[PDB]
J.: 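I'm staring at indinavir bound to Protease and have questions.
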Protein chains: 2
Amino acid sequence: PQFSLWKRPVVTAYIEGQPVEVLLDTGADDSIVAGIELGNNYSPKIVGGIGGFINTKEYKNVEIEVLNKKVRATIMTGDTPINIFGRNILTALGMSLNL
Amino acid sequence: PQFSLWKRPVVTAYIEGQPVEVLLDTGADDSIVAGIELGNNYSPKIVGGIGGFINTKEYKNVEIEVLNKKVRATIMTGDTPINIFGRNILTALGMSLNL
Ligand SMILES: CC(C)(C)NC(=O)[C@@H]1CN(Cc2cccnc2)CCN1C[C@@H](O)C[C@@H](Cc1ccccc1)C(=O)N[C@H]1c2ccccc2C[C@H]1O
């Protein structure tokens, strides 16, 4: 369905079990969710945004149900001010920007 | 006019006649470019990205042209790795997110 961008494109996701609220972010390459501890094996990862860098931990192949689709996804866990679903998941989902 | 998110959604915009490459970013509440000088009529403004907080210069009602549409929007200039068109412009453009 359509999101006009007059408010933040935030939805309730399920990393599953866990409902998190997420920003749908065409300017993020990757996805970063705060406030979650996730699984056995992550890689160290370093992410560049505006005004600096952040150290996240990388969990691949995760249960994500959002927008009544289910996806297995790679999501990082870092100290982010807002949870972000970036391009890596937005493509999976088949979302686009129009017009 | 219908960007698949497989690559970074970058277009060429003209800011007051000047061509610039900008990333169309649904997760940005506002817009910030580097490499253009817009004048002395600005306000100082602090902005928070995922890495931390930066100083910017805020101009109001600057003329923007993107794919056949001419709008007037608020735009910040500053030191940014990449030029961003946030929600304040994407909305002015009548752009949406598609599923
Ligand atoms: C107005 C301004 C432009 C400062 N907004 C942002 O930076 C916000 C900030 N919030 C938070 C906020 C903080 C404080 C107050 N209000 C809001 C989190 C989300 N972003 C929007 C992001 O889309 C910004 C992009 C910008 C960029 C693109 C490429 C390279 C560098 C910078 C961004 O952060 N992208 C990076 C990124 C981000 C997440 C995950 C992976 C990756 C990789 C990479 O593309």
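Order of the sequence lines fixes the chain letters, A, B, ..., with proteins taken first and strands second; residue numbering starts at 1 for each chain. Basis for what follows: all heavy atoms, side chains included, without hydrogens, waters or symmetry-related copies. Atoms within each ligand, like the ligands themselves, are counted from 1 in listed order.
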J.: Which other chains have a heavy atom within 4.0 Å (strictly less) of indinavir (ligand 1)?
T.: A, B
J.: Please list the residues near indinavir (ligand 1), using 4.0 Å as the heavy-atom limit.
T.: A:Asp25, A:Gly27, A:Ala28, A:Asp29, A:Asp30, A:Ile32, A:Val47, A:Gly48, A:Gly49, A:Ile50, A:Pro81, A:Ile82, A:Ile84, B:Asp25, B:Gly27, B:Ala28, B:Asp30, B:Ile32, B:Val47, B:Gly48, B:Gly49, B:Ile50, B:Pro81, B:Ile82, B:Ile84
J.: Find the UniProt domain of chain A that dominates the interface with indinavir (ligand 1).
T.: Peptidase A2
J.: Any idea which protein heavy atom is nearest atom 44 (C) of indinavir (ligand 1), and the distance to it?
T.: A:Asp29 OD2, 3.6 Å
J.: Which residue and atom, if any, anchor indinavir (ligand 1) through a covalent bond?
T.: none
J.: Considering the heavy atoms of A:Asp30, write down every atom of indinavir (ligand 1) situated less than 4.0 Å from one of them.
T.: 40 (C), 41 (C)
J.: Can you pull out the closest protein heavy atom to atom 19 (C) of indinavir (ligand 1)? Residue, atom name and distance to 0.1 Å, please.
T.: A:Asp25 OD2, 3.7 Å
J.: Identify which residue UniProt marks as active site in chain A lies closest to indinavir (ligand 1), and report the minimum heavy-atom distance rounded to 1 Å.
T.: A:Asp25, 3 Å
J.: What residue and heavy atom of the protein are closest to atom 4 (C) of indinavir (ligand 1), and at what distance?
T.: B:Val47 CG2, 3.6 Å
